[PDB]
Amino acid sequence: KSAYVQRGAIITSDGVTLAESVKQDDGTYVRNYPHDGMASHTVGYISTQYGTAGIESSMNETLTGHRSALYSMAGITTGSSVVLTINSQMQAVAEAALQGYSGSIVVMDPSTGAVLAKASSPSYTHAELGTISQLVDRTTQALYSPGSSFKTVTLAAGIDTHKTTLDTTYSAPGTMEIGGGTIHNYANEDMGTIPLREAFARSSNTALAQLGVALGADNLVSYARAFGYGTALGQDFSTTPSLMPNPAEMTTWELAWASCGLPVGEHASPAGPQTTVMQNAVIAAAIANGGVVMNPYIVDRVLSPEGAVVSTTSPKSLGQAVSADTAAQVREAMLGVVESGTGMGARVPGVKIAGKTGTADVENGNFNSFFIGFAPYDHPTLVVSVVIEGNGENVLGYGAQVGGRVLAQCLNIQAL
Ligand SMILES: *C(=O)[C@@H](NC(=O)[C@H]1[C@@H](C)ON[C@H]1c1c(Cl)cccc1Cl)[C@@H]1N[C@@H](C(O)O)C(C)(C)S1
């Protein structure tokens with residue numbers, strides 16, 4: 001029966017139709033994808049060979065459309081349409097910034113969790129699914145070691161528990177023994193004794209590991225969970241949960257590394273942290289939003305075949321991960337990263353951008369570049385989360401450059 005019932009459309013917030021059904025002279029309907037290639041992973045597909053993904057999958061009941069003994073009357077009833085929170089201009093900006101690279105970008109509204117752009121690369125067209133890495137959604141369904149981008153969580157926790165302050169000094173030596181193994185700063189750089197805001201801006205592992213060990217495993221895990229770890233984020237799309245160990249299984253050395261964003265644990269529970277890019281955006285959004293974590297969403301509203309609004313998504317909080325005072329301090333620390341530390345590549349003349357960078361080593365001596373951030377600093381209206389994957393190219397600092405560029409172009413779009 002269901003080939004004769006028209007499937008609803010998938011449309012961006014600014015009115016660009018990305019999926020559509022057209023009636024045949026046969027009476028059946030064929031699925032068409034205008035601007036084929038835009039937001040492919042988000043729009044998704046239903047394919048015997050390739051599976052299901054994206055909105056075609058997650059909103060399938062709504063688009064399908066819930067007397068039936070007559071196939072001739074099946075036409076008389078239409079699926080309802082879905083208007084996404086994705087803006088086509090911001091989507092194009094994120095897609096352009098990934099050309100030539102593997103990785104992904106999420107742009108989100110920090111006060112609501114609305115997903116404004118969501119891009120993964122390499123990508124595909126729907127036309128390609130009619131023949132025989134591209135199908136993986138690297139924003140929500142790939143896990144990465146977050147590296148130093150996770151120090152945002154460590155810092156937040158340290159401040160929120162009143163165990164440290166941005167002006168508290170730490171020894172930040174090139175190497176240090178912790179829990180019977182070694183932690184080293186990048187390039188074994190000895191930074192001497194410096195305030196935490198500077199250790200964070202310059203991304204010292206030896207300093208941040210000492211904070212992680214002061215916090216303890218229970219605290220670190222609990223705060224990661226409060227930011228969304230362990231939750232399949234997304235009101236209306238699938239995200240694979242970001243992972244932390246069972247804190248009871250962690251060692252001190254493991255803890256030290258985890259607090260710098262490197263999963264090195266060996267135990268029954270997973271090693272962590274392992275993050276999605278979406279989870280990283282949710283962390284930046286919580287910090288930008290006074291500590292309030294939002295469950296992100298990608299559907300704005302549902303429309304009936306006649307264009308009436310049938311329902312509207314409501315923003316929903318997953319709780320307050322840290323206090324407002326803590327969030328303000330973390331924002332300030334993040335401003336330092338971009339103004340005077342490892343995130344200077346994200347600077348954009350005439351707008352204050354804040355963020356945190358990371359770099360993580362993976363298999364075969366490859367490494368990935370991360371960035372989370374928000375803008376403008378005072379009254380944030382956008383959050384970005386990026387991963388640029390190395391795969392045998394050095395991409396040091398690329399996440400930050402991509403991040404700043406996307407924030408700046410997205411701010412301009414907002415201004416129009
Ligand atoms: C965080 O990303 C931290 N990264 C590193 O030190 C990385 C790279 C350079 O190699 N392996 C790493 C690692 C170590 Cl040695 C220790 C703990 C965690 C990791 Cl992922 C610093 N942050 C980055 C920047 O991108 O923020 C630097 C390259 C400045 S070093």
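Numbers here are sequence positions counted from 1. Scope of the values below: all heavy atoms of this structure, side chains included, with no hydrogens, waters or symmetry mates. Counting starts at 1 for both ligands and their atoms, following the listed order.
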A.B. asks: Can you identify the drug molecule modeled at ligand 1?
C.D. replies: dicloxacillin (open form)
A.B. asks: At the binding site of dicloxacillin (open form), which chain contributes the most contacts (name from the PDB entry)?
C.D. replies: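 Its main partner is Peptidoglycan glycosyltransferase.
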A.B. asks: Going by the atom numbers of dicloxacillin (open form), which of them fall below 4.0 Å from some non-hydrogen atom of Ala360?
C.D. replies: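 Under 4.0 Å from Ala360, dicloxacillin (open form) has these atoms: 20 (Cl).
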A.B. asks: How does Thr357 reach dicloxacillin (open form), by side chain, by backbone, by both or by neither, if only non-hydrogen atoms under 4.0 Å count?
C.D. replies: both
A.B. asks: Can you tell me which residue and heavy atom of the protein come closest to atom 19 (C) of dicloxacillin (open form), and the distance to 0.1 Å?
C.D. replies: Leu262 CG, 3.7 Å
A.B. asks: Which residue holds the protein heavy atom closest to atom 25 (O) of dicloxacillin (open form), what is that atom called, and what is the gap in Å?
C.D. replies: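 Among all protein heavy atoms, the one nearest atom 25 (O) of dicloxacillin (open form) is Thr359 OG1, 2.7 Å.
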A.B. asks: Atom 1 (C) of dicloxacillin (open form): which protein heavy atom is closest, and how many Å away?
C.D. replies: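 Its nearest protein heavy-atom neighbour is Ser148 OG, 1.4 Å.
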A.B. asks: What does the entry give as the covalent anchor residue and atom for dicloxacillin (open form)?
C.D. replies: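 Covalent partner: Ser148 OG.
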A.B. asks: Which one holds for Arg202 and dicloxacillin (open form): side chain close, backbone close, both close, or neither close, with close meaning a heavy atom under 4.0 Å?
C.D. replies: neither
A.B. asks: Tell me, which protein residue and heavy-atom name are nearest atom 14 (C) of dicloxacillin (open form), and how many Å apart are they?
C.D. replies: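 Protein heavy atom at minimum distance: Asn205 ND2, 3.4 Å.
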A.B. asks: What protein heavy atom lies closest to atom 15 (Cl) of dicloxacillin (open form)? Include the residue and the distance to one decimal.
C.D. replies: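 The protein heavy atom lying closest is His184 NE2, 2.9 Å.
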A.B. asks: Nearest non-hydrogen contact with atom 11 (N) of dicloxacillin (open form) belongs to which option: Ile183, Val337, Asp361?
C.D. replies: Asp361
A.B. asks: Could you tell me the residue and atom name of the protein heavy atom closest to atom 30 (S) of dicloxacillin (open form), and the distance to it rounded to 0.1 Å?
C.D. replies: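 It is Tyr186 CB, 3.4 Å.
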A.B. asks: Check each heavy atom of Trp257 against dicloxacillin (open form) and say whether those closer than 4.0 Å belong to the side chain, the backbone, both or neither.
C.D. replies: side chain
A.B. asks: So which heavy atom in the protein is nearest atom 29 (C) of dicloxacillin (open form), and how far is it from that ligand atom?
C.D. replies: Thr342 CG2, 3.8 Å
A.B. asks: Specify side chain, backbone, both or neither for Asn185, according to which of its non-hydrogen atoms lie closer than 4.0 Å to dicloxacillin (open form).
C.D. replies: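 Neither; no heavy atom under 4.0 Å.
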A.B. asks: List dicloxacillin (open form) atoms under 4.0 Å from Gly147, heavy atoms only on the residue side.
C.D. replies: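 Those qualifying, in numeric order: 2 (O), 20 (Cl).
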A.B. asks: By chain and residue number, what forms the binding site of dicloxacillin (open form) with heavy atoms closer than 4.0 Å?
C.D. replies: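 The heavy-atom contacts are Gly147, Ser148, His184, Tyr186, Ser203, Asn205, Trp257, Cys260, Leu262, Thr342, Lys356, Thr357, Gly358, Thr359, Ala360, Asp361, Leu396.
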